[PDB]
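To find a chain, count down the sequence lines: A is the first, B the second, and so on, and within it residues start at 1. Any value given below was found using the heavy atoms of this structure, including those in side chains, with hydrogens, waters and symmetry copies removed. Method reported for this entry: electron microscopy, 2.8 Å. Note that ligands are numbered from 1 as they come in the structure, with each ligand's atoms numbered from 1 the same way.
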Amino acid sequence: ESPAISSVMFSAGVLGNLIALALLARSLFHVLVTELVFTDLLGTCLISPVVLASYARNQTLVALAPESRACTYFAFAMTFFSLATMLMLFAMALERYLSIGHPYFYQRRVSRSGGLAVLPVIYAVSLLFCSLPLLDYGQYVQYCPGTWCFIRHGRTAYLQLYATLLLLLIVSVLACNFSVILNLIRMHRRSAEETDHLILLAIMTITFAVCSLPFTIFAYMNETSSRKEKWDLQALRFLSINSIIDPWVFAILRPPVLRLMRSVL
Amino acid sequence: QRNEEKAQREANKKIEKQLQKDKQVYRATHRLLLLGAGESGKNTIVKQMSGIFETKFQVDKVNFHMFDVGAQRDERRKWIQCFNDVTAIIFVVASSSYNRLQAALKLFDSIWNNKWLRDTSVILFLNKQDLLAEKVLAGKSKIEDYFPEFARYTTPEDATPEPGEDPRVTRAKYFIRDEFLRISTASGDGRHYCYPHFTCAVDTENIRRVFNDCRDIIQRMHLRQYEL
Amino acid sequence: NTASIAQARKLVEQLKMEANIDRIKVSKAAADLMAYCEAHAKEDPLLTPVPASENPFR
Amino acid sequence: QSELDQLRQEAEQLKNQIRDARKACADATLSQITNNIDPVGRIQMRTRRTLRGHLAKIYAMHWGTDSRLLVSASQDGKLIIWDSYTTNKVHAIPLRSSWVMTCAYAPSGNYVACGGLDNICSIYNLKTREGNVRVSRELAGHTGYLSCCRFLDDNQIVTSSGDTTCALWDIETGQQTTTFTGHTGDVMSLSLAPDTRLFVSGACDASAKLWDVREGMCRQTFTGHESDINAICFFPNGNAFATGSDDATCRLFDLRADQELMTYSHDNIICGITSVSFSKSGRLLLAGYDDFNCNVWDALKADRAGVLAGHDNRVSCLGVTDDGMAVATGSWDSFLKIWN
Amino acid sequence: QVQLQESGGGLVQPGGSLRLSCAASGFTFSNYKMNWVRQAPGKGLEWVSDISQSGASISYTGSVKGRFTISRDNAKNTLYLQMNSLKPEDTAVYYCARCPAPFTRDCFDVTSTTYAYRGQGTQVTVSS
Ligand SMILES: O=C(O)COc1cccc(CN(Cc2ccc(-n3cccn3)cc2)S(=O)(=O)c2cccnc2)c1
């Protein structure tokens with residue numbers, strides 16, 4: 001049990017987020033991507049030290065080394081950052097869909113000033129829906145790797161509601177992205193750069209549907225089935241990989257950079 | 001002492017409360033610059049759709065204000081800079097009456113390549129198609145008498161014409177459209193697009209054309225925000 | 001060219017009316033400008049920055 | 001037919017005579033007797049204030065004679081009167097036409113003028129009897145767009161128009177008292193002298209003219225530039241003035257020498273000048289440009305000694321305060337800045 | 001002063017050849033794009049030909065394309081228009097116009113009947 005996979009992907013993720021923040025911290029979309037990379041970096045830097053702590057403070061002997069309320073906070077912040085990133089992605093997809101799908105309506109009703117308020121309402125909803133179990137409405141348990149905790153399968157009805165909320169957000173993001181792709185194809189047919197945007201959105205949608213559905217796929221099964229095949233770990237690793245991929249393809253692979261990479265060839 | 005300053009602050013607060021209501025109205029309207037070539041039927045097109053005249057119309061609950069300069073001189077390199085933030089310049093060209101077609105081409109070339117109008121888009125209305133058809137069938141005046149490259153010009157493949165017109169009228173119309181699209185296509189210096197259309201006096205669906213072209217303009221405007 | 005003859009007469013009239021004027025030498029005019037710029041050299045808050053105590057835009 | 005060529009030959013003979021007279025009166029260059037005075041060093045102006053509230057590009061701006069209040073005209077249709085010390089908006093007047101191109105503040109602080117593509121100059125009263133700000137007058141009678149206007153007092157106003165003529169109006173009556181003709185292009189700017197006797201006007205014919213207000217005739221013509229003239233401003237003492245044009249060059253002309261004295265240009269400057277102004281002493285010459293910046297020139301040494309770079313779009317207007325304490329600049333990015 | 005003086009006009013039998021010249025003074029000739037325009041008896045000003053700052057970009061109108069050829073010599077600040085195979089419909093007053101601003105690629109008002117950067121024009125008459 002060595003950090004051959006965990007620490008390396010954590011380092012890659014924080015390095016990509018810092019690279020993105022370098023070219024970013026110097027429009028509404030601009031406000032949204034700042035907040036997205038901010039919450040991504042916050043979540044990863046506040047979670048990963050806790051999962052690294054159970055590598056030197058225990059030789060696969062005692063999963064709860066620091067205290068009795070450690071992995072509880074781990075699972076809480078895990079669900080919190082997951083819902084936060086998913087709601088941020090939903091907000092960005094809805095903004096883009098409105099921007100390309102309904103231009104006139106977007107031209108008036110939507111302004112950059114109201115963009116800072118998105119983080120405050122999403123954090124509020126996520127704190128509510130993730131401290132919900134802390135008020136005895138749910139309960140956390142530890143898993144086969146031992147270095148993390150999450151919601152228990154059965155004995156309550158919280159994991160199914162969490163998974164269905166995640167699935168609703170995912171299908172909404174996918175619907176918005178497919179509608180924007182359809183509109184871009186339509187505007188390319190009616191007529192360079194629309195092909196660039198099509199390629200970017202295809203990449204983003206594929207990496208979002210690959211790295212975020214397995215959680216819902218595995219959360220609707222028995223706990224005995226997953227641990228036998230060790231799927232519960234990959235279910236969350238894929239969400240973390242999605243949180244890594246988001247800022248990279250949002251800020252570093254912008255249409256200018258894709259145009260440069262295509263001109264080089 | 002401080003009462004005067006707080007009265008000033010209250011006056012400023014009321015001024016800003018009014019400026020917000022004015023800002024919400026300034027963003028809902030779309031300004032267009034109707035800049036015809038003269039003797040081109042732009043008066044009939046504003047019939048359809050003293051220093052400057054203004055016409056308001058509404059399509060799908062979207063408001064458009066179209067401005068036509070009136071009592072100005074024929075030198076226009078100084079007052080045209082006022083219209084660099086307008087969403088579209090509607091350029092009307094008398095396709096049949098002309099050398100006014102070369103004058104229109106030179107005016108479009110000056111607008112397209114201007115330093116301040118380099119990110120403004122042009123909706124090109126080639127008016128007077130009925131007279132053009134009747135003059136191409138009647139053979140009274142040829143474009144080869146003013147555009148020697150009209151011969152050897154083959155009509156392109158796409159854009160099937162309506163059945164009632166002679167194919168030579170199609171050739172003339174598309175030759176003029178290509179004369180404008182060569183200028184539109186070639187410079188590449190600034191961002192903006194041209195939308196050529198065929199109109200007439202009997203036509204009645206020009207407001208929806210302007211609506212769709214401005215929708216496309218605003219879509220491409222929003223699209224740029226994502227890159228860089 | 002019946003509208004041009006009157007315009008040309010007006011132009012030549014203005015030319016010969018503005019040709020008979022007084023002209024001092026460039027040396028004295030430049031000296032007057034230099035003397036004016038030297039007399040008010042201390043009365044220019046932009047030419048010499050005023051401290052933050054008398055600057056109302058501080 | 002032939003008499004027209006006779007008149008043209010007479011005109012060219014007079015032009016040659018005037019040019020030879022000018023060359024006779026030119027004995028020593030300004031850049032020669034100024035080679036000893038010490039340079040101003042370097043000017044470092046910083047953005048003290050930034051006034052926000054305009055929706056579109058700002059074309060005009062004008063300080064008040066109390067050196068505190070400011071006016072600005074935007075192409076959204078707003079005439080905003082700011083207090084610059086506290087950054088508070090004192091007034092916000094909505095205009096009938098959105099295409100305003102000029103604005104002026106009366107030397108008494110009671111009226112404000114504005115005009116534009118509607119060929120009309122509207123005068124607004126700022127001190128009505130416990131009421132709103134309303135159109136006091138509407139001076140009509142010009143044929144082209146109104147490009148500049150300046151108050152002589154609360155009753156007289158001089159306006160430049162795009163129909164190649166200037167006009168002096170009596171506001172009370174409402175009709176033109178005097179008309180100044182002679183330009184062959186759009187008159188772009190005008191500048192009042194320290195005294196209210198004379199004023200200079202620049203046009204698109206690459207020439208400037210000096211007009212007497214009381215008589216109504218043109219005194220002198222200056223033809224140093226080679227493109228359209230956009231800006232004009234009097235030297236603080238009224239014996240000289242400075243112009244800027246599209247040929248990317250500012251120039252200094254003298255009234256009594258009747259010729260140009262200095263040329264402010266640089267190799268990497270290939271954009272036109274939109275506005276020029278003089279400081280209180282007359283030693284510095286500020287000029288706004290199309291490349292989004294403002295340059296400060298040593299009016300006597302002709303070397304540039306400072307830059308003003310805070311605007312994101314073309315600098316449209318620029319004005320130094322009557323006490324010489326601040327420089328307001330307005331740009332097409334819809335922001336007014338104060339530099340000190 | 002910006003001065004443009006044209007020369008070379010005259011009466012020529014149909015089919016002959018002419019060469020109009022345009023001497024410029026008061027501006028940097030090599031920074032402006034130059035134009036030849038003309039006015040026919042009883043008509044308005046129309047654009048004939050134009051050439052850019054260097055001489056690489058050249059354009060003619062449909063009526064003269066193939067017959068006329070425009071050139072500029074920057075060494076002596078001169079513009080030339082060589083007219084070949086003239087016809088009776090070429091009789092007009094020819095003007096040498098300068099583009100209003102330097103370094104630009106667009107010239108707005110060269111045919112405005114009041115343009116200030118034009119010349120006085122030479123009468124080119126084609127008859128027998
Ligand atoms: O010991 C072992 O093998 C088991 O360790 C485990 C067990 C379960 C799940 C994980 C994944 N991680 C936890 C995590 C999840 C989501 C976010 N986040 C989401 C949005 C914003 N932030 C941040 C951190 S992670 O490895 O630390 C990581 C991966 C990639 C990038 N940053 C950190 C690891």
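Going by contact count, the macromolecule most engaged with ligand 1 is what UniProt calls Prostaglandin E2 receptor EP2 subtype. Sitting at ligand 1 is the drug taprenepag. Other chains contributing a heavy atom less than 4.0 Å from an atom of taprenepag (ligand 1): A. Neither the backbone nor the side chain of A:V14 comes within 4.0 Å of taprenepag (ligand 1), counting heavy atoms alone.
Taking any N or O of A:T147, backbone or side chain, at least one lies under 3.5 Å from an N or O belonging to taprenepag (ligand 1). Put simply, no part of A:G13 is less than 4.0 Å from taprenepag (ligand 1), judged by heavy atoms.
No N or O atom of A:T39 sits closer than 3.5 Å to an N or O atom of taprenepag (ligand 1). With a heavy-atom cut-off of 4.0 Å from taprenepag (ligand 1), the UniProt transmembrane segments of chain A in contact, counted from the N terminus, are numbers 1, 2, 3, 7. When distances from atom 17 (C) of taprenepag (ligand 1) to the protein are checked, no heavy atom turns up under 4.0 Å. The closest approach between a heavy atom of A:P145 and any atom of taprenepag (ligand 1) is not below 4.0 Å. The distance criterion of under 3.5 Å between nitrogen or oxygen atoms is not met by A:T85 with respect to taprenepag (ligand 1). Taking every heavy atom under 4.0 Å from taprenepag (ligand 1), one finds A:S6, A:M9, A:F10, A:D40, A:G43, A:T44, A:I47, A:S48, A:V51, A:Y55, A:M78, A:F81, A:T85, A:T147, A:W148, A:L233, A:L236, A:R237, A:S240, A:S243, A:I244.
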